[PDB]
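One letter per chain, A onward, in the order of the sequence lines. Here chain A follows the PDB entry for its numbers: 402-2122, in order, are the residues you see. In order, the residues displayed for chain B correspond to 2058-2320 in the PDB entry numbering, which applies throughout. FYI, side chains are in, hydrogens and waters are out, and symmetry mates aren't considered; it's all heavy atoms of this structure. Atoms within each ligand, like the ligands themselves, are counted from 1 in listed order.
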Amino acid sequence: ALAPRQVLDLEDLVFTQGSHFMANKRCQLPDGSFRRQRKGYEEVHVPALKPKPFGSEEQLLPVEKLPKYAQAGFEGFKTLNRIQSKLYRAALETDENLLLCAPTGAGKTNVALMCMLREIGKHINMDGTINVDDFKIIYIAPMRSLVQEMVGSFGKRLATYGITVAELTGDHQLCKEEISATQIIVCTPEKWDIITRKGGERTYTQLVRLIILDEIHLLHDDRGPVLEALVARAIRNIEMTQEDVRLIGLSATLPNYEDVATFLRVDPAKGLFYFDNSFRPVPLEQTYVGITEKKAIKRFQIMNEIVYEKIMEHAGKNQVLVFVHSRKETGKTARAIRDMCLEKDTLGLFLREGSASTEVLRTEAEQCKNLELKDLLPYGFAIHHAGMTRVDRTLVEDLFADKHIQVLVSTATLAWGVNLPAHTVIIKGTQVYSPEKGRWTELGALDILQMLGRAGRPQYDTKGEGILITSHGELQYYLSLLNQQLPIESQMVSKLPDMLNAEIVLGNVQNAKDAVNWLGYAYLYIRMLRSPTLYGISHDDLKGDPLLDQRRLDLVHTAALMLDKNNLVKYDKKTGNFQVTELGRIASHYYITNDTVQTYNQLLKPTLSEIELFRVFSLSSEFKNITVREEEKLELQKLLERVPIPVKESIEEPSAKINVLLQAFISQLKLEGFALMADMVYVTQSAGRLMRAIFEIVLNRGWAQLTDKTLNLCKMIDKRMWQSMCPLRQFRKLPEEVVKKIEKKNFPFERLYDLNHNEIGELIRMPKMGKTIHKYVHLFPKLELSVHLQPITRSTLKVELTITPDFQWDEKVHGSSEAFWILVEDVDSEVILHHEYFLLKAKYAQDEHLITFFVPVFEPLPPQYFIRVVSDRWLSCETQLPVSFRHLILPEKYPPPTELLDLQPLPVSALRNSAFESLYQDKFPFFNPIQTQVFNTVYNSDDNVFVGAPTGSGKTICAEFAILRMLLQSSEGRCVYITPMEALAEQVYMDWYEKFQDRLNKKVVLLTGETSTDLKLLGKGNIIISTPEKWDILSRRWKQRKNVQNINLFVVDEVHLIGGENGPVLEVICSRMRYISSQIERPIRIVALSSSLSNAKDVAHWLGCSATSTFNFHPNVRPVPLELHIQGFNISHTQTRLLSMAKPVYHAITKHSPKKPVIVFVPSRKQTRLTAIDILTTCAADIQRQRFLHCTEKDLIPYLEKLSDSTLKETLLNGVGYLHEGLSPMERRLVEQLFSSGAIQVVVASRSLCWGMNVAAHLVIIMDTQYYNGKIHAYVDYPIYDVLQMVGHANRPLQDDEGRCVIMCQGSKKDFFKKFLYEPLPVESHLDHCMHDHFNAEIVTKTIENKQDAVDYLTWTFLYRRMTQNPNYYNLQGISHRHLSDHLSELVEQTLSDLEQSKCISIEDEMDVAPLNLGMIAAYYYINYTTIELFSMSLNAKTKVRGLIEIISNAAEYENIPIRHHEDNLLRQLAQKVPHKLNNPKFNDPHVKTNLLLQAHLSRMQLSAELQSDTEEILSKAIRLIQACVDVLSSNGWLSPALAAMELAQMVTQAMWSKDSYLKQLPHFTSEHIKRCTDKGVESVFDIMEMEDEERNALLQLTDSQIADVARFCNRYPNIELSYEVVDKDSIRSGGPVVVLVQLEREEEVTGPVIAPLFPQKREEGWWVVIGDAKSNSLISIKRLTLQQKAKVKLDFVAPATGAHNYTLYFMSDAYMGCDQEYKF
Amino acid sequence: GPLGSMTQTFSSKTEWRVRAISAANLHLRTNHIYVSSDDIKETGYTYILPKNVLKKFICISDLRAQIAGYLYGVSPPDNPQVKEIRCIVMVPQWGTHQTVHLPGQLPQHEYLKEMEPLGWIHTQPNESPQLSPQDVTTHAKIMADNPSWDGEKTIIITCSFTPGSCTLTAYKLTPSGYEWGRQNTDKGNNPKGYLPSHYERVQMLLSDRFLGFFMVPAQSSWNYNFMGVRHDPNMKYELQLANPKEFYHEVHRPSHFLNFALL
Ligand SMILES: Nc1ccc(S(N)(=O)=O)cc1
Ligand SMILES: Nc1ccc(S(N)(=O)=O)cc1
């Protein structure tokens, strides 16, 4: 931002000639060159050079002296060539960026091979295998045909390594699948540019470690600025990542290579190699013919004459390869030459008489179907161009390599894509028609180099002969290019606006200073410094501006003002800032020039017909040089008055010709003008992505008609047909004659669906085509649709769309996915109320798919909406479902809130109790207005209470009032407090411990999830804090647990969460507490706390609160007033929308909370750091800097050095913290405490911590409202409950007069938030989707004994009340008592049916139900019945520990395990030697993540903080899954797997594999100590106890504290003597009772819970006594027990005979290894 | 006299393309819709036309060839003298500048059974003081064939293209006009027996208060003006709940696409 700038004229700086610009003024030819003269043309001959004799005496390096990993890439070679030998050390033994300049064909791509081999070597295990998923290599090649040849040869040289090499293709979604399996991507510059422009989520660009840039002299072409963009973006991104990327450039030998090397960051001393043109494999004797005739007729005569004479000097002696520059010209000149040979009786020199080649030619000509090839092949002449068959071209190539064709005329394609050298090459004219330039122009330098490179066959000739024929006034140019003297310049200025916009859209450039920095990496910059005169800079200008700071600022300023004039960028001229826009993003991502999107933005309207659509397209700036030539005007006219879309403009306008050319391309018309055909190819090559940009523009604006016409036109462009044609044409395998027979039959396509093969063949009048057409008809994509309409309010409607595929899949036709758009359109089909992408995967082609979305609705209701599902690629492939509202039942309008009454603020003295008042009187003097209004009811009555009010209303004090009241009534009274989140429960536990244990000396406990721990906790404590599931496991057994009945008070917090993802367990336990209260004739008081609810009255009725005790406050009554602002951002690409939020975040801080604390919620871990850094960046370039730090820099240095994240130290220094799941809890505490104290003013938090954050703020900003789910690979909306929790953080009652929140959201969400944050919230039950495990538990406990009981059960729920109030939501159609009865009956029926099929229950007389074994196991261990079913279906009488790990890791309890991190692939590759292995691997599946983290646990492998918390959650359920397996095995009598699962319980407890040292349990033992103890032979924990104390001290080699930890474990280790007696042993009697009484005695009484540090939960010792027999593997009896000092236990069995049997007895731990006992009897 | 010195060659200049460019711009007229209000008495019914289906009807029309929709609706809950138009049904049709050509079969669908037929609406190239004798004959013959068309309840709405806009006037038949239109076979401009007392204006208002909807044919589209052969006064057709494509949409003129492709 240096103000005295100036606006440049980019067009006047441009090198107009492109690759034809000649910067050098003088031209010097090799010694021995000479000119000859002839009439109207001069000749220059340049002799072949001699090879430079070896000066460095460097012998060729034998493949054997390479590093051995690299030798397989050189299989079948003896030694590298001279170039590769001089390059070997740099390529293979360093990572140094390189630039190799050598004449085309000297070995450069074998040098690139060596570089790729170095990269491959970096990833070679000890197994010899390669970590093929650990990296990517990009090979950038200028021409597509070259790309394909490189894919073939690189894949073939690297096959022996297991490396995939592949071409990057056009499809955007399904191809990235393969791109994940490709280690080497070969693509053009423009494709890598488009790929790294989109950026985004799930990018493999992070893996790229090596980029090869082949033919880097393209820098000089008009395409060159792509390479500049790529390299600048790559080097800046290396800096933004600190992850290196090797750059290799391969160049011809041309001047300025020292500057190219500067631009690649090549050290000249180490990475620059220049081989002059004497290193050409075959020496080149060059001939340049420059024609002076300016008359076109005479000039082309002269050209054919020079060609003929030159050919005659090689006829019979050498093959001649003539490059011409159109497709028709190959045949035209082959025929010219052949005719002049026959007119001069010379055709006999090419083929000798009687040659076998003459006959091979006659034969292949007669077999060939190319008429030109037929006419020419007998004479030894051939043609070769892209318009020929692959078999025809392969014929020509093989017959030319075979020395049969003696004259081959060809296009550039053959020179780039095929390998075929000829002794003689003739370039016939250097003129080419460029549609982009709209005119004739000189050939590109790359094309010339390549073509002349094809002269001289490498091992068959001793010299090539290149003959270039051109205009006389071009001789110097071509003489420079082929003799090392045409300097490489930068063409960047011509592309500066577009290129710059890409860096703005990517976030890499946010202002003009960034842009100046970015331009500092351009090759343009290096040339401007080295040669200012060429680039419009005077030498005085440079000496005054030595770094070209001002010049770059002026260029960036010019480009920015252009982009700003075209509405792609918002450019603040004062600050220099750049604001991205949606049009800018679409321009970058569809590779469209910035003028074109300005035109689109200016002309597109919702009312556009096809007519204006085609015109708008025809006006694109890609086509600005197209002209209507006089000689086209007749053919154009013939088409203009026949095209099916009318054209308003005269054919004198370029726009009318472009329009007609599109319409003819779609109708597949063959044109006649050559100008017309080449223009049509150019115009349609880009129509698809331009039209796909229109599509995205008009779809995201909601324009329904134009979205239809535009997607349609994309598909007609891609399929080359109109809508009006038989969609059967889209199966290429279907013969066209048949489809045209049918199109003539004219009947509607759809009726073919209702006929079988026979009636098909009848209607067609072709009978065999009957069955073939039937098959294709049912391969055509087709979806069936249905809706469940679910009213949310009277103006918001949830829709569940069910998509049922109705076609046969066939990977030949459909691939592996098929894509669709779901469009929800209003009454008039004018507005897209909602849209989304939908991908049908081959995996799921037969499954129904469910889509849910919200649409607005109004009163009077509109008649209908429409749901369209239309194929993204198939024409005529669509289904529309009318959604009528004639029977929509809306919920009643919601009531007025409870009046907030203006009471005098309630003093703490109201509690009339000094001990009670000591809780609050330090904090504040008065309760707030909500606490003050509900106090009398909470404190002075026992009425059930509902309090609804925003988060931050102080509702937890309202719960405290009821607890205090209870404490006065019952000195040992019990209150259970349920909150739905564990982090909430832990905060409440600390605060209520302090208030009620430390102060009031009651007992406060937090339930843990361990049932016996929790039963003792529930017994002794007066305040029991729990999450729902922990209370569910407990209170299911209420009939037998007096402490669950003798509950005085039941408080449930955040009860609005019944309507959210985990709401059913919360609804069930609340319904249960109501039902127990009605049973026990001594009611349990209930207090429900909620956010503001529109249907609060329904919750209160369900929980039995009267109207006078239902406080229904709405958001306007928050005691700290809330100012909420909702900013919509109209950007549909997530990464770009977050970028556009970046400065608004900073601006919101300075507007709404410039001095007071700020919390910024962001959607992911990565974004926290990025946004902290960006807030600091914006602060620095602002006038207020470091304004967020309030502690002095030196006060928090002790704080800082305690953290490991160094970026967190840096940003904390400048006043900005951040929080995410990946920080160690101490780091979180450090940051949270620096925030609470005021040291730092801003904290950037991850969304996923919004429930366990222990700090508050003046201002909360929510930066976007979506997050990426890696399991379903898509963005998910924040649950509204999370948003209300976030907004609730902007609330500080003791410090602020107000709270402020800004929600930044995608624009299509603004209305929804305004509806559901300003008004109270409607909540529904989703219990009808989660009934099975609760029904199962109730059948276990006999609360449900029949189906009638199951209906009566449902009447206690919130589900049942909401079915009356909102029937359409629960798929009811009326609220009558019999409707409700029928619906409940069917729900019950479906659920008991599922239970009974799963063998969890029984159904006798289709009426009575009863628990089965499996159902009791599911209920006891609180395990999903589907998990237990799967356990029964997977476990066998022979299953092992690997089987057990597989089985339990596939349980339903692990499907919701968090997914993202990709080191899972790394642990999976370490699973080559992970102890237990099974079969296939997936990387996305949560079950595989749990299996991996389990094997990581038994092998003590340290993981990410994130993966660590994941392992902890897995271990939170593993023990009960293992016990369920144990019960499943013992019920099936299988002994071996049961004991293996008891061992697996031991293993997961102590983190230990099957056979390790038991000494691995002892604290502070490493591998060496186990070796030492085994060496002395102790091997046992009891042996460590037996050692003499000093002897073991001398053995351990251990600290004193460490020896004491060993001792604490050895004292708590189980030391149990058992004694068993068989009662009545004397009388063995078959079939009768065998009572075995076993006693257990503990040498030293238990001194606490289990010692198992590596296990998260605190356990208690558990034992099983087994009596199974080993020979038969029959598990006979078993009894589970907890053991204190001493205990007795009974085992029941029924004898098999009076045969004096033999049994083994097992005493098995669930927690320790080594202490298991075996006896016999 | 130049047979040989001056030679020129005819180049096609087809008319449907000029009419297609013209019909692309019909949407401009929907922001300038006017209703005649010369009828004064309110003794007849009041007909309320929702603007949404009016505007769509205008947008799908042609400037020369007439199009027609069937009107269905009901009286508001407490006001039997008001007829709300709730649905416009588009049936396979073709037309000229003076008339429309419909099938003999009236709309038949489950969704219409709770509504009553209110007559029809049609576009017209020019505003006229009187109801056409083609229109009187069309309405009268429909009534003679379909007794559900009460002559005192069914109307003809005419939608005339006035410069920059659209004028709507509503009529009904009188008994005399019914009995004349029934027997009328000369459908020139002035047939024998035609009279101004054969029709009368009925009051008609445009509303934004509720929305109408469309029904269209289930298998074909409605426009047969490029296929007039395949249209037969006895053609039978079903209906679906969906919005009609516009006059020159590709599905109405598939031959223009296939025949250009053949060239
Ligand atoms: N964002 C980004 C990622 C990777 C690359 S790459 N393939 O050039 O190193 C460039 C930009
Ligand atoms: N023009 C526009 C583009 C995108 C969006 S949004 N809110 O879907 O991303 C809104 C308007």
Participant: Can you peek at the structure and tell me the main thing ligand 1 is bound to, named as in the PDB entry?
Facilitator: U5 small nuclear ribonucleoprotein 200 kDa helicase
Participant: Quick one: what's the drug at ligand 1 called?
Facilitator: sulfanilamide
Participant: If you measure heavy-atom distances to sulfanilamide (ligand 1), which other chains fall under 4.0 Å?
Facilitator: A
Participant: Using a heavy-atom cut-off of under 4.0 Å, does the side chain or the backbone of A/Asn638 touch sulfanilamide (ligand 1), or both, or neither?
Facilitator: side chain
Participant: Please state which protein non-hydrogen atom is closest to atom 10 (C) of sulfanilamide (ligand 1) and give its distance, to 0.1 Å?
Facilitator: A/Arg634 CG, 4.1 Å
Participant: By UniProt annotation, which domain of chain A makes up most of the contact surface with sulfanilamide (ligand 1)?
Facilitator: Helicase ATP-binding 1
Participant: Would you mind listing which atoms of sulfanilamide (ligand 1) come within a distance below 4.0 Å of any non-hydrogen atom of A/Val609?
Facilitator: 7 (N)
Participant: Using a 4.0 Å heavy-atom threshold (strictly under), name the region of A/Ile612 that reaches sulfanilamide (ligand 1): side chain, backbone, both or neither.
Facilitator: side chain
Participant: Just jot down the sulfanilamide (ligand 1) atoms closer than 4.0 angstrom to any heavy atom of A/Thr606, in number order.
Facilitator: 3 (C), 4 (C)
Participant: At less than 4.0 angstrom from any non-hydrogen atom of A/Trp593, what atoms of sulfanilamide (ligand 1) do you find?
Facilitator: 7 (N), 8 (O)
Participant: Report, in ascending order of atom number, the atoms of sulfanilamide (ligand 1) lying under 4.0 Å from any heavy atom of A/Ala635.
Facilitator: 8 (O)
Participant: From which organism is chain A, by the entry?
Facilitator: Homo sapiens
Participant: I need the residues around sulfanilamide (ligand 1) for my notes - heavy atoms within 4.0 Å, please.
Facilitator: A/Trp593, A/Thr606, A/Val609, A/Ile612, A/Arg634, A/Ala635, A/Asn638
Participant: One line per pair, note the atom names and distance for all nitrogen or oxygen contacts under 3.5 Å between sulfanilamide (ligand 1) and the protein.
Facilitator:
{"from": "sulfanilamide (ligand 1)", "atom 1": "7 (N)", "to": "A/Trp593", "atom 2": "NE1", "distance (Å)": "3.3"}

